[PDB]
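Down below is the structure, laid out as structure tokens.
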Protein chains: 2
Amino acid sequence: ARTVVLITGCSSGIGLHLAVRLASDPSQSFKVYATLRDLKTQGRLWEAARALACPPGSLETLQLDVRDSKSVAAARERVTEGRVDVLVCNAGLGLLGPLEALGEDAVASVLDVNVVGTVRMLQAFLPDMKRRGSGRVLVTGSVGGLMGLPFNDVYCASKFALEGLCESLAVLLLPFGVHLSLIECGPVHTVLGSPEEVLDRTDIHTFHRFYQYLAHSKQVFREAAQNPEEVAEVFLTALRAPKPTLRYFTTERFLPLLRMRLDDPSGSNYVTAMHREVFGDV
Amino acid sequence: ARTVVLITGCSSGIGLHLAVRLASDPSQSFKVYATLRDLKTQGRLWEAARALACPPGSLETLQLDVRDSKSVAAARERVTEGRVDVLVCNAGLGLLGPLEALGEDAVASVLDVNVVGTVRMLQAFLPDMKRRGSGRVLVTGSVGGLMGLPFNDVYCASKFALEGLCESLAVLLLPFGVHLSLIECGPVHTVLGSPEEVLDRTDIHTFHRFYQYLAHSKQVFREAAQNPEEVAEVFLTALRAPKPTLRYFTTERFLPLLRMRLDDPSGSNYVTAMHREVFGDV
Ligand SMILES: C[C@]12CC[C@@H]3c4ccc(O)cc4CC[C@H]3[C@@H]1CC[C@@H]2O
Ligand SMILES: C[C@]12CC[C@@H]3c4ccc(O)cc4CC[C@H]3[C@@H]1CC[C@@H]2O
């Protein structure tokens, strides 16, 4: 179809749902290049596509490893239409655990995939959009890019990094007609490490707090996780907005914590509120 | 002396000033390990130390490359007191230019030094502080970690990343008696790329906007840059606070732009205001 969409990280989760949502759109106006790091994981995407009866040719899979600029360049060459109307930077990795228990390689990988990988995509696709004077870039954000969460230090670092990157670009892009938007997701229905391993790399008190955090997050997920269909639709709302805003929120549930965070720049109200919220009183 | 301070990136700028400010303190209560990536750049630090008459033994230089965990481990071993009371994570790199004109290596380096290097330091020193139930960690922040600036995409990405990292850690650290604070700096009196090189890697319109930005920043610096002595003193105010806050601001000048940014979560007021502020009307 006519609007060419390229999405990264479509093997599961939001990327998978978004790819099939667009490819199966009743208007048949989207051509979707769903990219994955490893093609051997494409089965779920095709099963979903078949379930939604995506018309033949509305969806194509490409292997694209955001850690490698050559892979990024090669996938761009595979876009037969010679243009990308909507670029969805969704590829992302999580990392949970006490900071001192995280391997340096794992820390570097999260940043390389989440942040540098997004930079690689923008460097490869943005020039063309600037030239044409049109294009939409949607970036999967997280409420973790808006406020710090204990035991998610590196993940939050990476999501905050995207906020800074995108906001900086948005200020420049205004006159180019290229729109960039972050879709700020809360928990969505869709890694960890052996207790033994974690305990071996941290102290007993940190380990105890980790347990409390895990218990707390499990509850937040139960109460607040959204269906992927609801979240994917927010991407569509952003891509159809004639004048998209910088951020779209999939839920308003965290806006108050965000405001408290915003109203006390010293950060002490937020730190204290979040600490009592997750652990209790200290 | 008694309070052991370890500071990264002391070859120039804030780190250099802070190191000599602490080592020369009239109380003679600080022992400072000033670290540098390359010892051949230590001359300015020693000239400054001599000018301030730092008592012999109040300052020692160590080579510490934050990109290398072995180097981090080796510097930690050189701390003869066997403890670090105050850790100042200051090492930082800047990167200015149109995103598409930045080399992938330069982008990765900024993140590795600014973000992963800080993680390496925390992983190496935080466990000890948690064990003792005391310690202060000061991290050099920037107003660029609080709001996006055009042409500073990667730099802002890295400073925003520190905000997320530190805020996440602060929530956990509250009960450990380990204090973490970001010192949010505006311009301070203390890299770029050939016009030809930049033009070769971007379009003429982006290049034009880059010129406008450079003109604008030159003016902001002239009007708002603070003396390094004033900025270094903010670190001291934070390190002496009995109950330090998460953030200290060296200036209040940008607080309004920060508030506008905070009051419109969609980001459109900020993007528009910043765009007119730097370029004009579009
Ligand atoms: C950061 C996430 C959204 C915010 C969630 C949250 C939000 C608030 C809170 O008090 C705890 C948690 C735990 C899990 C978090 C989620 C894990 C993945 C998701 O992106
Ligand atoms: C980001 C910095 C502080 C904020 C400064 C600013 C702040 C506001 C603004 O409109 C423009 C600039 C240009 C230079 C920026 C500085 C460059 C180094 C410093 O950390």
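Chain letters: A, B, ..., in sequence-line order. Residues 1-190, 196-287, in that order, are what chain A shows, numbered as in the PDB entry. Heads up, chain B uses the PDB entry numbers, so what you see runs 1-190, 196-287. When a ligand or atom number is given, it counts from 1 through the structure's own listing order. Header says: X-ray crystallography, 1.7 Å. Heavy atoms only: backbone and side chains are in, while hydrogens, waters and symmetry mates are out.
Here, the chain sharing the greatest number of close atom pairs with ligand 1 is referred to in the PDB entry as 17-beta-hydroxysteroid-dehydrogenase. The drug assigned to ligand 1 in the PDB is estradiol. Other chains reaching under 4.0 Å from estradiol (ligand 1) with at least one heavy atom: A. The site surrounding estradiol (ligand 1), defined by heavy atoms under 4.0 Å, contains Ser142(A), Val143(A), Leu149(A), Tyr155(A), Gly186(A), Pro187(A), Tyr218(A), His221(A), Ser222(A), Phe226(A), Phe259(A), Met279(A). The nearest heavy-atom contact from the protein to atom 8 (C) of estradiol (ligand 1) is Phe259(A) CE2, 3.5 Å.
Every atom of estradiol (ligand 1) is numbered from 1 in the order shown, and the set under 4.0 Å from a heavy atom of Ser222(A) is 13 (C). Considering both main-chain and side-chain atoms, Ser142(A) comes within under 3.5 Å of estradiol (ligand 1) through a nitrogen or oxygen pair. Closest to atom 11 (C) of estradiol (ligand 1) among all protein heavy atoms lies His221(A) NE2, 3.6 Å. By the 3.5 Å distance cut-off applied to N or O atoms, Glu282(A) is not counted among the residues near estradiol (ligand 1). Of the protein's non-hydrogen atoms, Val225(A) CG1, 4.0 Å is the one closest to atom 6 (C) of estradiol (ligand 1). For chain A, a heavy atom less than 4.0 Å from estradiol (ligand 1) occurs in none of the UniProt NADP(+)-binding residues. Rounded to 1 Å, the minimal heavy-atom separation between estradiol (ligand 1) and the UniProt active site of chain A occurs at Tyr155(A), 3 Å. Atoms of estradiol (ligand 1) found under 4.0 Å from any heavy atom of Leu149(A), numbered from 1 in the order shown, are 1 (C). Applying the 4.0 Å criterion to heavy atoms of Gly186(A) picks out, from estradiol (ligand 1), the atoms 3 (C). The shortest contact between atom 3 (C) of estradiol (ligand 1) and any protein heavy atom is with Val143(A) CG1, 3.2 Å. Protein heavy atom at the shortest distance from atom 5 (C) of estradiol (ligand 1) is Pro187(A) CD, 4.1 Å. Of the protein's non-hydrogen atoms, the one nearest atom 14 (C) of estradiol (ligand 1) is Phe226(A) CE1, 3.5 Å.
In chain A, UniProt substrate-binding residues less than 4.0 Å from estradiol (ligand 1) by heavy-atom distance: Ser142(A).
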